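Depicted below, ertapenem (bound form) in association with Beta-lactamase.
Residue numbering for chain A follows the PDB entry; the residues present correspond to positions 32-293, in that order. As the structure lists them, so they are numbered: ligands from 1, and atoms in each ligand from 1. Side chains are part of it too, since the values below use all heavy atoms of this structure and drop only hydrogens, waters and symmetry mates.
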Amino acid sequence: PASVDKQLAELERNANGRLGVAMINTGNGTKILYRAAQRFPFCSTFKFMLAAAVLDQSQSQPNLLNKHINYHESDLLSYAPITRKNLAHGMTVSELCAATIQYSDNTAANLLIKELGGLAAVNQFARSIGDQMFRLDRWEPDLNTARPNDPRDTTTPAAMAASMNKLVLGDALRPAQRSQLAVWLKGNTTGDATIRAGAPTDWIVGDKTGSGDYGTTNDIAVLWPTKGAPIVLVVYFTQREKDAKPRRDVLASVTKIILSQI
Ligand SMILES: *C(=O)[C@@H]([C@@H]1N=C(C(=O)O)[C@@H](S[C@@H]2CN[C@H](C(=O)Nc3cccc(C(=O)O)c3)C2)[C@@H]1C)[C@@H](C)O
């Protein structure tokens, strides 16, 4: 809608950035799409796809979520608050999934990628749910360089929204697993300043944040409104200079703007 577009372009233009938006309203099937077929560096938002891949594996492997991983010091990375907390005792795969979603723990992500059988297992999972755009090229934290015109570690807003729709709200997973994935998202701790900040206080938000160089500022969410069906919102944003500061307020403004239309 022209009203959305103008608001989005001014926001985007005013912040000297490139913004990508896909919103799917699962109530009526209406979508709002802005640069939605263009690639953007996903940064930590990939962890959503990773947790889903693990849930997919657990469908054939019923001990998987409860498998205890005794990781070591050398697995610990600069950003690993939960895996650090639990070093002495280790963590289950389930706990690793919750920590990578809700605290964006990088050790937890790398441990789960290894559990799945490597980077290509995550991509093949994305292919298996019909996501042709998602590409994971590097482990954490290298995947967050977000360099101009570098297609490594990118997806499109449309593809990520479609995948979040199918996994959380659709039939890509079995019921126990899709329910678990929604519970993890709803317990996210990193998302207050982004899509959550832009949605009514009486709504429930389940989201995965990501950020990185070039002031990249990303958030992907399912929104549970006070009336009607759930809504999927993906927002990717990146800026001119390598050391740009993230613009979390831009994401909240996008959300405000989009939710006005529905
Ligand atoms: C993925 O986006 C990111 C994971 N997940 C995050 C998140 O969702 O909150 C981040 S970034 C967040 C905003 N700025 C800081 C940050 O950049 N911390 C940071 C980054 C790199 C290394 C280290 C470290 O060496 O300790 C810390 C928190 C969280 C790091 C990517 C970039 O890993």
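The contact residues of ertapenem (bound form, ligand 1), taking heavy atoms under 4.0 Å, are given as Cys74, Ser75, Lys78, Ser109, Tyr110, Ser135, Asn137, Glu171, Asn175, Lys239, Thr240, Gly241, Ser242, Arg279. Of the residues UniProt marks as active site in chain A, nearest to ertapenem (bound form, ligand 1) with least heavy-atom distance to 1 Å is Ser75, 1 Å. For ertapenem (bound form, ligand 1), the atoms sitting less than 4.0 Å from at least one non-hydrogen atom of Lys239 are 8 (O), numbered in the order shown with element in parentheses.
Of the protein's heavy atoms, at least one falls inside 4.0 Å of atom 3 (C) of ertapenem (bound form, ligand 1).
What sits closest to atom 17 (O) of ertapenem (bound form, ligand 1) on the protein, heavy atoms only, is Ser242 OG, 4.9 Å. In the vicinity of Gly241, heavy-atom distances shorter than 4.0 Å reach the ertapenem (bound form, ligand 1) atoms 2 (O). Every atom of ertapenem (bound form, ligand 1) with a heavy atom of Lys78 under 4.0 Å away is listed here by number and element: 4 (C), 5 (N). Annotation for ertapenem (bound form, ligand 1): atoms under 4.0 Å from non-hydrogen atoms of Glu171 are 33 (O). The closest protein non-hydrogen atom to atom 29 (C) of ertapenem (bound form, ligand 1) is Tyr110 CD2, 4.0 Å. At least one protein heavy atom sits closer than 4.0 Å to atom 31 (C) of ertapenem (bound form, ligand 1). What sits closest to atom 24 (C) of ertapenem (bound form, ligand 1) on the protein, heavy atoms only, is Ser109 CB, 2.6 Å. Not a single protein heavy atom sits closer than 4.0 Å to atom 15 (C) of ertapenem (bound form, ligand 1). Looking at atom 9 (O) of ertapenem (bound form, ligand 1), its nearest protein heavy atom turns out to be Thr240 OG1, 3.8 Å. The PDB records the source of chain A as Yersinia enterocolitica. In terms of protein heavy-atom proximity, atom 1 (C) of ertapenem (bound form, ligand 1) is nearest to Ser75 OG, 1.3 Å.
Checked against UniProt, the substrate-binding residues of chain A with a heavy atom under 4.0 Å from ertapenem (bound form, ligand 1) turn out to be: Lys239, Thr240, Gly241. Of all protein heavy atoms, the one closest to atom 13 (C) of ertapenem (bound form, ligand 1) is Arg279 NH2, 3.1 Å. Atom 33 (O) of ertapenem (bound form, ligand 1) has as its closest protein heavy atom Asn137 ND2, 2.9 Å.
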